[PDB]
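Note: structure shows BIIB021 engaged with Heat shock protein 83.
Along the sequence shown, the residues carry numbers beginning at 1. For the numbers below, each heavy atom of this structure counts, side chains included, while hydrogens, waters and symmetry mates do not. Ligands are counted one by one from 1 in listed order, and the atoms in each one are counted from 1 as well.
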Amino acid sequence: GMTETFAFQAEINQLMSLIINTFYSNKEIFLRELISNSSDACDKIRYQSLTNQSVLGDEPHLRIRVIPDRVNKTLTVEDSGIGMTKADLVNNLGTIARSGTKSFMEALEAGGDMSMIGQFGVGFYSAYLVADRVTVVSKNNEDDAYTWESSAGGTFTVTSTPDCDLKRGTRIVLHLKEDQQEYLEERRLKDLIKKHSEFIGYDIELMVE
Ligand SMILES: COc1c(C)cnc(Cn2cnc3c(Cl)nc(N)nc32)c1C
């Protein structure tokens, strides 16, 4: 089946090349980065709803949910936030992140700590510290539902998903690397949500059973 595939922009391509298959002592920070993004997406739609309540549509509840899949060996971070359009997935996010991507790359070449990735506005990419593939399913009010996917080899796919569960928001599926399986464990995820994301202004829903 024909899948639309794109080459990442120079700076992102170089940043992902840096992140993958590298030792780091605090790879657990990926969770804080994805939850903060989800909190921000929820805040954007909450803000839009203050002027136009119709923006909430059939999904009036704002949540952040963490789903470990012990059979598929995946960790999912899903929210009912603003979501992303096709143009966001393909170009717009990379355009706004460009300067910060180049600046973080420069900090990393200088011995910079990977934990400050979020201050550079490219925190999503920390998912590649623990995953070898990331699938991103997103539905924004202004577009159809789309699936973005990448194994950080320089390319990414973008496919329309006109049959996904999502009324609005983003679902990030982390296909965990063989040695990063600890992020599927209930205690680890509880301790991790508590350690770095305790006072997030939305419940961090952890699928326990
Ligand atoms: C598609 O994959 C992404 C890319 C290539 C860059 N940044 C983000 C972070 N990000 C940007 N907007 C986002 C929204 Cl609306 N929501 C969430 N959860 N993450 C977001 C994502 C998920």
Check your understanding: Looking at the entry, what source organism goes with chain A?
Key -> Trypanosoma brucei
Check your understanding: Backbone or side chain, does any N or O of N37 fall under 3.5 Å from an N or O of BIIB021 (ligand 1)?
Key -> no
Check your understanding: In the protein, what heavy atom is nearest to atom 12 (N) of BIIB021 (ligand 1), and what distance, to one decimal place, separates them?
Key -> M84 SD, 3.5 Å
Check your understanding: Going by the order shown, which atoms of BIIB021 (ligand 1) are within less than 4.0 Å of some heavy atom of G83?
Key -> 15 (Cl)
Point to revise | For BIIB021 (ligand 1), the portion of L89 having any non-hydrogen atom under 4.0 Å away | key: side chain
Exercise for review: With atom 2 (O) of BIIB021 (ligand 1) as the reference point, say which of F124, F156, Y146, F8 has the nearest heavy atom.
Suggested key: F124
Review point. Relative to BIIB021 (ligand 1), is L34 under 4.0 angstrom through side chain, backbone, both or neither, heavy atoms considered?
Key: neither
Practice item. Compute the minimum heavy-atom distance from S38 to BIIB021 (ligand 1) and say whether it is under 4.0 Å. Key: yes
Check your understanding: What part of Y125, side chain, backbone, both or neither, has a heavy atom within less than 4.0 angstrom of BIIB021 (ligand 1)?
Key -> side chain
Exercise for review: Identify the binding-site residues of BIIB021 (ligand 1) at 4.0 Å, heavy atoms only.
Suggested key: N37, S38, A41, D79, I82, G83, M84, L89, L93, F124, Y125, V136, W148, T170, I172
Output block, N or O contacts of BIIB021 (ligand 1), threshold 3.5 Å exclusive:
| unit_1 | atom_1 | unit_2 | atom_2 | d |
| --- | --- | --- | --- | --- |
| BIIB021 (ligand 1) | 18 (N) | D79 | OD2 | 2.9 |

